[PDB]
Asks: 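Hi! Got a PDB file here: reserpine bound to VMAT1 dimer with reserpine.
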Protein chains: 2
Amino acid sequence: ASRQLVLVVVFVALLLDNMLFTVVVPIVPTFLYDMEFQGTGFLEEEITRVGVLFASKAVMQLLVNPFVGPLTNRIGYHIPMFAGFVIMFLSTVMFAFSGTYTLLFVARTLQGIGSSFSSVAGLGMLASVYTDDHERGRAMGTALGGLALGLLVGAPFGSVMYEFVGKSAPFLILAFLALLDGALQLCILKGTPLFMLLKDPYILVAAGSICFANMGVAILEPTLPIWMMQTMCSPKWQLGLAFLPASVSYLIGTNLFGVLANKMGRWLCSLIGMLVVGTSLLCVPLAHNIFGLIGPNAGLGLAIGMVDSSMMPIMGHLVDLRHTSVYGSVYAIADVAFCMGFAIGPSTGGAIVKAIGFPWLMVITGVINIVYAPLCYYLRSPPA
Amino acid sequence: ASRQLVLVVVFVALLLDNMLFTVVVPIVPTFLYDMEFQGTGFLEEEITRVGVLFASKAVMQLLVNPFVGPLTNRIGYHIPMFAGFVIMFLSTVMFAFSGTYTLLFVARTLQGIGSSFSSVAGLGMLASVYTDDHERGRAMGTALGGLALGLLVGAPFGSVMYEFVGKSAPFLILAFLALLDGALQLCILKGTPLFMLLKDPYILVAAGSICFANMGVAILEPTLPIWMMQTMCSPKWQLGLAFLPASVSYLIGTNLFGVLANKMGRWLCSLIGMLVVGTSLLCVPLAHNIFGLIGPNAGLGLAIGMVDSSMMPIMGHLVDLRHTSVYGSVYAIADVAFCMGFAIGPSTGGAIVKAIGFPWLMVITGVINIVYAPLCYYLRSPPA
Ligand SMILES: COC(=O)[C@H]1[C@H]2C[C@@H]3c4[nH]c5cc(OC)ccc5c4CCN3C[C@H]2C[C@@H](OC(=O)c2cc(OC)c(OC)c(OC)c2)[C@@H]1OC
Ligand SMILES: COC(=O)[C@H]1[C@H]2C[C@@H]3c4[nH]c5cc(OC)ccc5c4CCN3C[C@H]2C[C@@H](OC(=O)c2cc(OC)c(OC)c(OC)c2)[C@@H]1OC
């Protein structure tokens, strides 16, 4: 029993969750194309179903989030984390051994449930173990940076491993890593609820800004590989590599602008980030080769880093100013915003790409971001 | 008689016209203040009249512009140019000796008529003298360079000279320069009309682009000095110097982006420059000292330079692609945009500032520019 073991456990759990989220994007469209028969343009018939597949995790996470907290209060913290590891291992094995469409849907649903359980339980355990105030910050920083590390490491992993070792290599590797995390976890040892926090306009503006900024990436996952295979004629191992700028630029932007944004005002950072997201999504569907998506994706990642570094401190400041705040107050609002974006984006986006073209979806999302960007003016000098 | 005299005549005429347009900015409100009266404040009662006074030039420029063409065809070019000198000299003398509000109105009106006549006749004479189709570009370029140069030394001239020499000095100097231009002038010697060009959407979008880009500076003239004397409490000689960044930044931006815009697309330059304007007009009314306007004014000038350097070649290309083009079709389409901007901006700005607050006007203009910015996506790849 030591304070570092819980940190390493939460680190590995969040890394595994984000890696399993990201790895699926290069793999599902390629597998669905391969099972029927770069050859054919029949993917338009399946776009609504591939889009609805991705939203299952967000929908189940939203459905299961409110019940997690009371369970942790009445039966502790370790058992919900063990449940999360078991569900994650079941999800990864089901992904590895699935052959049809329904099995992948079940895998995504189970992954959503396990992710919600593991996230809430791990945050609770890290809060409970450290009781120094200042120390909690350096622990939460490392644990939350683990998510970005997993996102960076796992984006081109699946696409490269699918065409070389097979369809069951990355999922079994993630299963072994989850088994290691579970084995490590085997050796261990209030105020203003969220629905009141979402009742004031100042928090709602920030949450909507975060959701609309992340919908650029939310609706680019299930629709970009299909677009690449239909038009660009790129090989199957480069589909995951097109998302590397979206992660590297995000990490660079979040570090640099967490350093710099306090000097020139946070609302200006949010406005410029939203505008850059809109312009980047507008310029995305003009590329005729894989090298042409290096620019717009990088700009997109930089603008999302802009918004995510300029909005969280504003949310914390508002919660401290007008309500009573706890350690995880900002986390619940951020998670609700992310899940709402990931659950509303793909489900409507698939319908839009069947009804009309893929570029019109990008133009619509960019225009929505640009129109919403002026509304960040409200956040400056928030009244008590 | 030669070909380098007409160039200097058109140069001096455009230079003096722009100086007389710009030097009235910090003289009218200060004259009203020191004729009606730290300082008791009532300028909110007269802001509407001050705003309406500035629109007369644009209004009867638009009213008189259609009639100058057939007159030039029937009776030549030199006589309408000499009439411009006579009307401009009358306007500057009237500005020098005016004491009441009606005289300033009629002087501005005369300046509008003289500016329209001088501009049309001068461009006609420059086109008539040169008939090489290569040196004509340099001939227009020098005159428009003088047009740009006037607005640099026009704004921080009246404000500085007013508090040190008096109210009758700069107008008399401009009158002497006008008489010199007339003395120089004394020793001298068709397709797709405009109303059909304003019928296709691809030109109307560009015209609205230029107009809504210049409305930010159009509504900033009559209302910024009054705001400065009401809040910032600056001396009377610093009102004119607050517009120098909007001139220098505009010149720098127009040079750089005329060099650079073709590499990254003209529509993207316009889209980026219509958002810098919206942010600049939003950060303008937050300053609490004179030194806080150096940033937003420079940004506004840079964005206007971006738009004006990325839109004119688009208009020329569109007119060549879909219609029949002449020497100054882009000139006419730009004039109809500038005059509409200067005629619609100040009046409604005065009404808004007397109805709601001054900062709300800049917020509305910035929101309008941001909303209209996505519509520049249409201008890429226009069909034939
Ligand atoms: C699945 O990806 C995630 O799930 C994370 C990211 C979401 C999004 C994203 N997805 C991609 C998928 C790709 O595959 C092809 C490629 C690129 C991207 C990008 C690029 C852009 N990107 C940003 C990532 C943001 C992460 O969230 C946090 O960093 C965070 C930080 C906090 O501390 C301040 C929080 O506390 C308040 C917090 O509360 C919930 C969350 C978020 O959840 C952990
Ligand atoms: C009165 O100001 C004008 O009247 C000129 C400018 C309008 C606007 C402006 N006003 C100010 C007043 C101030 O006092 C306090 C301070 C700052 C500014 C700024 C800063 C920003 N600025 C830009 C200036 C632009 C000029 O117009 C052209 O340069 C032009 C070029 C062309 O060549 C391509 C044309 O041909 C197609 C053309 O056709 C009609 C016009 C325009 O008309 C001549």
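Note: chain IDs run A, B, ... matching the order in which the sequence lines appear. Shown for chain A, in order and in the PDB entry numbering: 18-54, 127-278, 289-483. By the numbers in the PDB entry, the shown part of chain B spans 18-54, 127-278, 289-483. This deposition comes from electron microscopy, 3.5 Å. Counting starts at 1 for both ligands and their atoms, in listed order. Computation of the quantities below employed the complete heavy-atom set of this structure, encompassing side-chain atoms and omitting hydrogens, waters and symmetry-equivalent molecules.
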Asks: I'm mapping contacts for reserpine (ligand 2). Which other chains have a heavy atom under 4.0 Å?
Replies: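 Under 4.0 Å by non-hydrogen atoms: B.
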Asks: What makes up the binding site of reserpine (ligand 2) if contacts are defined by heavy atoms under 4.0 Å?
Replies: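 On a heavy-atom basis, the binding site is B:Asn35, B:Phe38, B:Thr39, B:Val42, B:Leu233, B:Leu236, B:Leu240, B:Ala244, B:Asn313, B:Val316, B:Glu320, B:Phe342, B:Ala345, B:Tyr349, B:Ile403, B:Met411, B:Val429, B:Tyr430, B:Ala433, B:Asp434, B:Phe437.
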